[PDB]
Peer 1: 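The structure's right below; bear with me while I get my questions together.
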Amino acid sequence: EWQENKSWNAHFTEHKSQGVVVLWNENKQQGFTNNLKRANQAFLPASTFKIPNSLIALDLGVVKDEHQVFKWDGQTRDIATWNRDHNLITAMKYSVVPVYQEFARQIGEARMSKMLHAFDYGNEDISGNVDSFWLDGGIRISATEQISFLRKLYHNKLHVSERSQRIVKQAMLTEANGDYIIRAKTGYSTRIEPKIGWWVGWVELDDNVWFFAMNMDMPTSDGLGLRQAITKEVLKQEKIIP
Amino acid sequence: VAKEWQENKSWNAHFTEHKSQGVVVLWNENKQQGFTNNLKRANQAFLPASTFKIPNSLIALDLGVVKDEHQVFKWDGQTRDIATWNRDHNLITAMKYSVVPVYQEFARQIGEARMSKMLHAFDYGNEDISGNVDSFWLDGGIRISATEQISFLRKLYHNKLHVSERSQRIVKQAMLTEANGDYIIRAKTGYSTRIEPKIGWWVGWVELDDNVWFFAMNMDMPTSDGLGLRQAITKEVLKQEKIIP
Ligand SMILES: *C(=O)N1C[C@H](NOS(=O)(=O)O)CC[C@H]1C(N)=O
Ligand SMILES: *C(=O)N1C[C@H](NOS(=O)(=O)O)CC[C@H]1C(N)=O
């Protein structure tokens, strides 16, 4: 079920980086990783938590649909794209923290905890602030647990409406062309060490789905582009993407 | 400039330079304003050909002929000219490779009575299903203009069509052509080859962060040499208008 393919380390080494890329071939029901230990190492999900947060908010009616406008609070933040009104699509695209913080507060501790349990999401521990537990609280999820979670989302098997799962998968749309479709979410766990970068999601091909979850050491924001770059090098090596 | 429809003849450069003739029709969803290089051709009704895969997919999902976007539609075993058709398909791939046999079967299952009722409810072009139940969109009575394609597409985009919200969401997912950090294109190509004038189609929309640009283009297609011009000329217009980089 889980093969260790150490050749992918070359992609990390060539990029002066370290981390794990985890791939899951849906058709074959087989997994591949350059590091089995790191693949099962649970980390703070950071912005990858916007996937279960969106799902819960949609199912509870906190988010009516992907067109609902979430007004900017007027607070100027470091990331320029957050300093405007957003809908679910753009909030996911620009990883708009205050929008997701508001969703989490509206969901509340009790429903957030019990609904995440329904998703079997990582350690299912929401300890810390309702609006920041995914960044500096007790929640932890491994790259293999991200895959397990994403596979349920792909198949509409999470215990939420099909509609909510379709809206999130639409909001996860990152890239598409004649060769593949990528539905994914980036993350950057900046608050608690080890500071890590995430990229979780999948690649849809005509006749298969390749699920992926990657994390890498991110001591600074300088290497953030490597989350997609390294994953893409692995996908290209495995002939998943041309 | 405050007008609902504006003609922009400068776009004709994109057709002429490519030794082509046609119409591109754009609709700025936010401003509720339309733009075209040819007002007359924008309203000229043609056979929808493969663009009919959008309403056909909608009807088939709503009626449960297509359970979901994963349902496998087996290859009948007949070898056809377009290689990609000679294999099993789901709604995503059938739309992607415009697999005619799959859609002919859908239409036959839907039947003429339900097909007619659905198109009238969709206000789809002239709503005329005359001809073969499995070919009317290629050689029958159905006619739709580029502007009527946009009207139909706007309702689909907003889940305003009479069929289920679910069928509309699945069809828009199946329409996914291209996506990146700047835009998302949800569209369907067409090539009306049976009844003159032989024409190429490209209908759909461009999703931006804060706007949607609906488009419908058709162009003369005397040879398959110009097929790539359907997307290329549209993209030249979208680039000229600063819609896409
Ligand atoms: C999410 O992890 N964060 C919000 C935002 N996301 O950008 S990212 O998806 O490319 O990682 C910035 C980083 C991080 C945060 N500072 O909370
Ligand atoms: C649809 O109009 N057709 C099926 C197929 N479509 O490819 S297209 O979307 O690029 O136009 C080939 C042409 C046409 C047909 N022969 O029926």
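The chains are labelled alphabetically, A first, in the order the sequence lines are listed. Note that chain A is numbered according to the PDB entry, with residues 24-265 shown in order. Since chain B takes its numbers from the PDB entry, the residues it shows come out as 21-265. In each ligand, atom 1 is the first atom listed, and ligand 1 is the first ligand listed. Both backbone and side-chain heavy atoms feed into the values below; hydrogens, waters and symmetry mates do not. So this one's X-ray crystallography, 2.1 Å, going by the header.
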Peer 1: What would the PDB label the drug at ligand 2?
Peer 2: avibactam (bound form)
Peer 1: Hey, quick one: which chain has the most contacts with avibactam (bound form, ligand 2) in this structure? I'd like the name as the PDB entry has it.
Peer 2: Beta-lactamase
Peer 1: Which other chain letters have a heavy atom less than 4.0 Å from avibactam (bound form, ligand 2)?
Peer 2: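 By letter, the heavy-atom neighbours are B.
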Peer 1: Counting non-hydrogen protein atoms only, what is the nearest one to atom 13 (C) of avibactam (bound form, ligand 2)? Give residue, atom name and distance.
Peer 2: B:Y211 CB, 3.7 Å
Peer 1: Among all protein heavy atoms in this structure, tell me which lies nearest to atom 16 (N) of avibactam (bound form, ligand 2), with the distance rounded to 0.1 Å.
Peer 2: B:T213 OG1, 4.0 Å
Peer 1: Return the residue, atom name and 0.1 Å-rounded distance of the protein heavy atom closest to atom 1 (C) of avibactam (bound form, ligand 2).
Peer 2: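 The closest heavy atom on the protein side is B:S70 OG, 1.4 Å.
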Peer 1: Can you check whether B:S212 has an N/O within less than 3.5 Å of an N/O in avibactam (bound form, ligand 2)?
Peer 2: no
Peer 1: Is the shortest N/O to N/O distance between B:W105 and avibactam (bound form, ligand 2) below 3.5 Å?
Peer 2: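 There is no such contact.
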